[PDB]
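Inspection log for the structure reproduced underneath, given as structure tokens.
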Amino acid sequence: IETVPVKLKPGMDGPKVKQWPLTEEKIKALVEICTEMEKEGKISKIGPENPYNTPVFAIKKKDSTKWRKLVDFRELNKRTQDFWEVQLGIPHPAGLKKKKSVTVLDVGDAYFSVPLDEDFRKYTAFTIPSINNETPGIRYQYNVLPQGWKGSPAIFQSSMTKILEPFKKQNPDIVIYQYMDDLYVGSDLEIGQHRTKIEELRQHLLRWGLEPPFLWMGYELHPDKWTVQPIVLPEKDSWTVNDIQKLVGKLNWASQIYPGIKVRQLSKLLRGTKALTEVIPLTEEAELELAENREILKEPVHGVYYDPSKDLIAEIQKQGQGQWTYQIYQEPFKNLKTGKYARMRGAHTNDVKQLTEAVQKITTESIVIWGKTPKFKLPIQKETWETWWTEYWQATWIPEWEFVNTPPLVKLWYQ
Amino acid sequence: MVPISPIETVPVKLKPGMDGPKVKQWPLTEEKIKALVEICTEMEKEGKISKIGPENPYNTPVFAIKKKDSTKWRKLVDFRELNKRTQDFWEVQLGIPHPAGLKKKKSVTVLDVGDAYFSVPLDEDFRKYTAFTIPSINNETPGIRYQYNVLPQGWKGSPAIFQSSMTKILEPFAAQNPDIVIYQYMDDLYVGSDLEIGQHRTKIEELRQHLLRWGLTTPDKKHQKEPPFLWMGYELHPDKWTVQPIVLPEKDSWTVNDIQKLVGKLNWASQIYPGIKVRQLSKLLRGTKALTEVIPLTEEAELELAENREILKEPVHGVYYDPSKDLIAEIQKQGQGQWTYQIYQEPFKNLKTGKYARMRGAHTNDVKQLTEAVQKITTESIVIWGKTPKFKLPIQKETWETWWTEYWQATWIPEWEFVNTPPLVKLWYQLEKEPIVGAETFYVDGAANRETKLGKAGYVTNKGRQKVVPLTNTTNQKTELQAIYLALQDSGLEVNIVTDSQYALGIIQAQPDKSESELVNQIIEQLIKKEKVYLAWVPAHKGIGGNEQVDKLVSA
Ligand SMILES: Cc1cc(/C=C/C#N)cc(C)c1Nc1ccnc(Nc2ccc(C#N)cc2)n1
Ligand SMILES: Oc1ccc(C(F)(F)F)cn1
Ligand SMILES: [Mg+2]
């Protein structure tokens, strides 16, 4: 009810980010949402003495028909002070990734109950544009904690802990983790049980609230079943020259990750100048070297550690037929997680929708495991991505990304 | 009197840490001073400025300019210094409407709101910063000191504060009269509608009565400006639009600057004149920016200019947007990385046209360029009409599916249909996914000495065919490409090729059909002639048979 003082980082002005083009349907939806938010006092019109801006658009959360306003506070979040005043941070719970079920709740509506520091409001300015710029864009700023701003869960943290105390005391084995507008609630119960504890949890908020438009939803995960991708070599009875070349190629790449990989004896099978399709019998020396490489590849990678002060990097490869491979790392060749997807999810003919869904799932896994989002290296032209990703976005956060314009050879080895 | 509502003032600040201006007022002739005193006396009576004491330490210079061919002087308060120290504002006019997104209107009336501009007060706490001084006759008394009470012309914040103040006034009238449109440009309001002229003129009078609420008067003698409107380089008519006349000059010899001005006109014309081309003329601007240098026009530039004059021989007009109908966008390949498009709703009635140019880059192909043109048109269309048009593209559905299923990047094109108008975009080659049974296997390699630039390229095959070619003025990367070229030259219609060049595979896996490197272009021309080509990669210097042999031959 009293505002927490907030500042930007030293020597750093507010965001002045261009609003990108919006479709007619998205503009209509935002005009309706913001008219209501204005009546409720959450936002207020602003004048031309405010030159700041943050992009806004609208989405439809997974499995609903109602538009949700989404502000892209990525720039403001970079420029906002860090919040260590009461807590040097919320030590990430390592047990969350080990629960059998984790439901994600959109609790962002609760933030609207806390006023925003009067001196910081100007920096949350945004614009609803008009088609063809025929009328002046509608300019607003926030009077309360905005959804999507990193300072919102920080300022509301004291209030959230108090709301949840009765539920935590009564259910001590439940892991509850908050990231931005999301609440991740993990349990080891049978799903039927689980769904009922989640519904118990909703009521604590409804009770405190007395209506949140998306609090009823629930995104169910199962991190204990999350699959990884070790390096595996083919098992064949007939090896062509081409098969062996691909094998030696993959082993050469693996040797950057695993020390004791050897290809001497396997290369020695190719002695001469043979047709690619000619079958080569494996020598005993080559079979042994191959088996020893198999054994090496069953062990973890040496010297792999997570450092919370370094960026997480996510790379994605399109493998075809709706399949995607990805790796998360901080140092080259020190993968902290690898994976593979195959579920296009209503996108069997849209590469870009598939990639957008992959980005969201990888970000979700990254939030659960380490409590922050990775920086993506996306296999797509900037202009294509920039034009379309907002059409398929269903998360309330947005990660960072860069673009890969040269085809990686490593695609072959994660196949 | 009738009470009027005040216009809320916008609070204004100087940039952090800066103070107001303190500029010395030069001296002025006795003639100019007398003129300024009379002008400023009138302005003071009108409430625009007020005399101040000597405590105010700020000052901005004032000038007197002779309005040409007249005995009347005009005043100029030069706020350049204060503007550098005034905060940034929100500028609403950055994005201007495109005529192709407008709707047809039966009537459009213009209202002069020039006098309303001076009912907009300046933030009281900022006025001290606008102080200026009229020098005294012979400098024997103190100068007359004034400051502004209203938005000064030439001050940084006046355009934004004026527009935001008019918009705020107009919002309730627009919201409660959804059958009209209102647009402000300079000192004028433009009011359009589809109402019968009687109802339309009633709305206008109601708008005048609404503006009186704030004491804003509008001339009774209605505006002299009438359709067509000359606006931001366009002609706006009630039911059509075009660009203002495009006149390409005749000239025996062309200058850098002339070509820059010619291309600018051609770019401006390309938004309604179909098929404008500017590549060969823009090539003449490569690298150089000596505005007075003369450039000989290539024969290709003279044809392009000849074609453009033909296109511009007679007027073309666009139609306005009809929201009840779909948008269609049709694209054509023009050559040399140039693409042209038309956006229409009814056949043969374009809303607008445009063009797209290949991005600078080492290697490219038609499918990537078509995709990029689609992304540009989509984004432009969201801006103007708030929706994506349905595309008519010169590429076969089967070609597109082969492309995007096999391309290493994610790519997407929205709803579209094939239009069979040459030249069609196609795939010129496609590499095999598996080695080819029965086809000779070529193991290629090249190498060059970094100092003497001498190198070798060659191959060895499973049939015993071999070649090594000595090369001069070359590099490791050039010889690796040269080796692949030789294998393509010397093989039959089906061929397996084994390379250790990661560089060569990065290029070919990007599937170019045209390159800035003539060597890559030669490789492309050989690939197009083949039936089957499988390209295999192996790591260098690992004792791989075949690769090991030829590496030794070429690095010798
Ligand atoms: C942008 C704009 C510029 C001018 C003009 C500025 C100037 N000078 C006048 C108006 C009224 C507008 N605003 C809108 C909004 C929606 N449809 C239209 N259609 C429309 C406008 C003018 C004519 C005509 N003649 C025909 C149709 N205009
Ligand atoms: O009256 C003036 C006009 C211009 C200047 C300047 F400094 F800008 F040159 C000073 N005094
Ligand atoms: Mg070599």
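Chain letters run A, B, ... following the sequence lines, proteins first and then strands; every chain starts at 1. Whatever order the structure lists them in is the order used to number ligands and atoms, beginning at 1. We use all heavy atoms of the structure for the numbers below, so side chains are in, but hydrogens, waters and symmetry mates are not.
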Name of the drug or drug candidate at ligand 1? rilpivirine
Which macromolecule here is the main partner of rilpivirine by heavy-atom contacts, as listed in the PDB entry? Reverse transcriptase/ribonuclease H
From which other chains does some heavy atom lie less than 4.0 Å from rilpivirine? A, B
What protein heavy atom lies closest to atom 21 (C) of rilpivirine? Include the residue and the distance to one decimal. B/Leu102 CD1, 4.2 Å
Considering only protein heavy atoms, which is closest to atom 5 (C) of rilpivirine, and at what distance to one decimal place? B/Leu236 CD1, 3.6 Å
What is the nearest protein non-hydrogen atom to atom 6 (C) of rilpivirine, stated with its residue, atom name and distance? B/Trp231 CD1, 3.5 Å
Nearest to atom 11 (C) of rilpivirine, what protein heavy atom do you find, and at what distance? B/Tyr190 O, 3.8 Å
Quick one: nearest non-hydrogen protein atom to atom 10 (C) of rilpivirine, plus distance? B/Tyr183 CB, 3.8 Å
What residue and heavy atom of the protein are closest to atom 24 (C) of rilpivirine, and at what distance? B/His237 O, 3.3 Å
Identity and distance of the protein heavy atom lying nearest atom 19 (N) of rilpivirine: B/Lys103 O, 2.6 Å
Using distance alone, decide if rilpivirine has a nitrogen or oxygen within less than 3.5 Å of any nitrogen or oxygen in B/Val191. no
Per the PDB, what's the name of chain A? p51 RT
Just to confirm my output: which protein heavy-atom neighbour is closest to atom 16 (C) of rilpivirine, and how far is it? A/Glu134 OE1, 3.7 Å
Please tabulate, one line per pair, the protein nitrogen or oxygen atoms found under 3.5 angstrom from a nitrogen or oxygen of rilpivirine, with distances to 0.1 Å, or say none if there are no such pairs.
from        : atom 1 : to       : atom 2 : distance (Å)
rilpivirine : 8 (N)  : B/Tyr190 : OH     : 3.3
rilpivirine : 17 (N) : B/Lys103 : N      : 3.3
rilpivirine : 19 (N) : B/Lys103 : O      : 2.6
rilpivirine : 25 (N) : B/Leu236 : O      : 3.3
rilpivirine : 25 (N) : B/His237 : O      : 3.4

